[PDB]
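In the model that follows, one finds omapatrilat.
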Amino acid sequence: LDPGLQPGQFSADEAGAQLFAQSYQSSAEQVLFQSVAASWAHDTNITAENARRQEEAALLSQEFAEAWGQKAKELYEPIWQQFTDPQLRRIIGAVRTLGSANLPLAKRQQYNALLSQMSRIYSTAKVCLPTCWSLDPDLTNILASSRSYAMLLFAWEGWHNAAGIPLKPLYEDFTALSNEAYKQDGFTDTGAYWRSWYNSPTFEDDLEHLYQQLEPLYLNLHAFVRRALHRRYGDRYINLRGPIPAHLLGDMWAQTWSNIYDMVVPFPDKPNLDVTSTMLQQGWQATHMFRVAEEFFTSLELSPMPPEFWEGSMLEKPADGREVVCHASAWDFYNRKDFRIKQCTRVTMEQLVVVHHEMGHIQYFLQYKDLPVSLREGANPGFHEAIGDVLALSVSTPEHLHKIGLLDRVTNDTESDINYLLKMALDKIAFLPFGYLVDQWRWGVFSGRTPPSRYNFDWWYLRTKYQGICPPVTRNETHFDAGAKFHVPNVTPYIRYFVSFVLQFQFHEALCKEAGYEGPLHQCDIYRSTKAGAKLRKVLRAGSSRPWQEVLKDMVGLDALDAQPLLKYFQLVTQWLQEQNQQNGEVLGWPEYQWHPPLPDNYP
Ligand SMILES: *[C@@H]1O[C@H](CO)[C@@H](O[C@@H]2O[C@H](CO)[C@@H](O[C@@H]3O[C@H](CO)[C@@H](O)[C@H](O)[C@@H]3O)[C@H](O)[C@H]2NC(C)=O)[C@H](O)[C@H]1NC(C)=O
Ligand SMILES: *[C@@H]1O[C@H](CO[C@@H]2O[C@@H](C)[C@@H](O)[C@@H](O)[C@@H]2O)[C@@H](O[C@@H]2O[C@H](CO)[C@@H](O)[C@H](O)[C@H]2NC(C)=O)[C@H](O)[C@H]1NC(C)=O
Ligand SMILES: O=C(N[C@H]1CCS[C@H]2CCC[C@@H](C(=O)O)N2C1=O)[C@@H](S)Cc1ccccc1
Ligand SMILES: *[C@@H]1O[C@H](CO)[C@@H](O)[C@H](O)[C@H]1NC(C)=O
Ligand SMILES: [Cl-]
Ligand SMILES: [Zn+2]
């Protein structure tokens, strides 16, 4: 470590800690920048040499974290929790947690290389036929549009085998090293560290309570869709009292069901809410999608994207053969000037929502870029994942779609309200059990309750318990199906997305009220409301300088997560689905919990 980057001497009191924190920030932007730059070079150009430079930059950041983290612990560990300045507590509390910098050098290198190899394996896996298919776009498009049971099965099985099986031995080694590192920071395991970000002694209980309020909405949506799959695929493949086969819901992970809307739409006389075809007819490209998302932000008097964003971002999958990480992500280079999105954008309405999701992250970065780096975060990680989703709730309304030229006909009748709210539910309600269960699985792995000998046994227990799905071919412990989901090999926590999907309806209700809107919640559009813009900007400029409970209270009037706004948004289709399911005499749930589908006749 460069002498200029090493901490000096500071007194062991609160006044000394103020100067320590200032001195830390003055060096940290440089170190953070070089690490983001090296990760950007790798994820937009996966090569062995670019992995090697990324691991070298990671090692420098670990040296920096060790020098400052040890000094902070030595000077302030007994006392920082009593400091009068709550921003100072936030900063010092972060610096004394070293994470992987607790590992000796040889294990640091092992750790950095494991992350490199897990990322390469996930983002370069292919499914070849008996010329090979990538996940994005090839397999994504098959899962979304094919209605041949056997083609869907071939893609689903092929993807889970290709990505999961080789990941398993690396993921075991990663888990052990991660736990060894954070145990030296005082956390019982890595999962406990991740849960600490929510600053709540009752977190797990509070989540269970939320899900108990939401589960009935999921069970009715589930049974209604299951009936529809029955008519299409028949009794041989669909058990009206068992789990749904995991490959038939339009998405590789069965996490969002919007791609089978055409199969379930209650009233097809009304205007087709699937506006993708119109986007194609009109010539929309990826850059147009981003410009339309930007103009919603500026209509609220939030910031445009700076020139550095347009010149630096990767908004399409490269045509030149490069291997890249296609999973959509947003990037803060910690220099107050460079901010980018990396997305293999495809021209669809669902992707237009993802564009808003990622641009919400960049807007957060723009609004807090002048805080100290330790505070350039969301109030919690759920806040970050929700910002763009909130605006896209307004964009999705048929009224807004009309205003931007993607929906021609105009109707305001109960049947049209039902089509809209069902299409939204296929995305927002279907996701809830998946957003909840993923980190239940990972917390059990980190705690040792789930050893390698039960990785897949326990994955499928939770997938069946919560989503009511089952694998369409037989699995055993050679498979590692959790590993075939981006966030597991790329070590990105997941409970933030369950929090986000509840939070975004709390945000929407508040901003619609501030906008002066007085109609049904699900018809609100906050476009061009400078008052709603100013209330959102307060949240974004706070970063993590204040407890998320306080920030939320200012915004919506309540200091806790609450499912009632979500329930109120969906109320009308909740009632409709209950009545459809009673009328058809459905069983709510999957009491034949053992059931799996047979194979197709001469498969492959
Ligand atoms: C589509 O039609 C529905 C009615 O079928 C419209 O909903 C109604 O919209 C009005 C407009 O403000 C709402 O009026 C408000 O009522 C509350 C009731 O407490 C009151 O506090 C306000 O001062 C205001 O008068 C009304 O509540 C709402 N719901 C009804 C009539 O059942 C809707 O606006 C129409 N949407 C579009 C896009 O045209
Ligand atoms: C674990 O499963 C694999 C894959 O096949 C699964 O199990 C079969 C019995 C069948 O039900 C498939 O639909 C499942 O997906 C097993 O590996 C295969 O074993 C069969 C023998 O039955 C053999 O014909 C194949 O060549 C094998 N495939 C590969 C890639 O090796 C495996 O034996 C099962 N057990 C263990 C411990 O891994
Ligand atoms: O969050 C992200 N990308 C989105 C894009 C698709 S939509 C969205 C809502 C649904 C749940 C979740 C899903 O797709 O599984 N999700 C995403 O992953 C990125 S910013 C996560 C990330 C952060 C840092 C480095 C790398 C990645
Ligand atoms: C990809 O990275 C290599 C280094 O391994 C570099 O030589 C090459 O120019 C890069 N390609 C692009 C398109 O940036
Ligand atoms: Cl999280
Ligand atoms: Zn995100």
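Residues: numbered from 1 along the sequence shown. All ligand and atom numbering here is 1-based and tracks the order in the structure.
Across the structure, omapatrilat can be traced to ligand 3. Taking the chain with most contacts, the partner of omapatrilat (ligand 3) here is, per UniProt, Angiotensin-converting enzyme, soluble form. Between atom 8 (C) of omapatrilat (ligand 3) and the options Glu385, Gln343, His357, the minimum heavy-atom separation is to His357. The bulk of residues of chain A touching omapatrilat (ligand 3) reside in UniProt domain Peptidase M2 1. Comparing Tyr494, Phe498, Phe501 against atom 15 (O) of omapatrilat (ligand 3), the shortest heavy-atom distance belongs to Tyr494. The N/O atoms of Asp389, backbone and side chain alike, include none that comes under 3.5 Å of an N/O atom in omapatrilat (ligand 3).
Taking each of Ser329, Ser39, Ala330 in turn, the one with a heavy atom nearest to atom 22 (C) of omapatrilat (ligand 3) proves to be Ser329. Close approach of omapatrilat (ligand 3) to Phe486 is summarised as follows: ligand atoms under 4.0 Å from at least one heavy atom of the residue are 27 (C).
Regarding atom 13 (C) of omapatrilat (ligand 3), its nearest protein heavy-atom neighbour is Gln255 NE2, 3.4 Å. Within the 4.0 Å heavy-atom cutoff, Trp253 does not count among the residues contacting omapatrilat (ligand 3). Nearest protein heavy-atom contact of atom 18 (O) of omapatrilat (ligand 3) is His327 NE2, 2.9 Å.
Omapatrilat (ligand 3) places these atoms under 4.0 Å from at least one heavy atom of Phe431: 11 (C).
For omapatrilat (ligand 3), the atoms lying closer than 4.0 Å to a non-hydrogen atom of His361 are 20 (S). Put simply, atom 27 (C) of omapatrilat (ligand 3) has protein non-hydrogen atoms near it, under 4.0 Å away.
Here is the list of omapatrilat (ligand 3) atoms found below 4.0 Å of a heavy atom in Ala328: 2 (C), 3 (N), 19 (C).
The nearest heavy-atom contact from the protein to atom 16 (N) of omapatrilat (ligand 3) is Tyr497 CE2, 3.8 Å. Organism of origin for chain A, per the PDB: Homo sapiens. For omapatrilat (ligand 3), the atoms sitting less than 4.0 Å from at least one non-hydrogen atom of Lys485 are 13 (C), 15 (O), numbered in the order shown with element in parentheses. Atoms of omapatrilat (ligand 3) lying under 4.0 Å from at least one heavy atom of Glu358, given by number and element, are 2 (C), 3 (N), 4 (C), 5 (C), 19 (C), 20 (S). Atom 7 (S) of omapatrilat (ligand 3) has its closest protein heavy atom at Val354 CG2, 4.1 Å. For omapatrilat (ligand 3), the residues with heavy atoms nearer than 4.0 Å are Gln255, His327, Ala328, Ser329, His357, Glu358, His361, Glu385, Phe431, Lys485, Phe486, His487, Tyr494, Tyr497.
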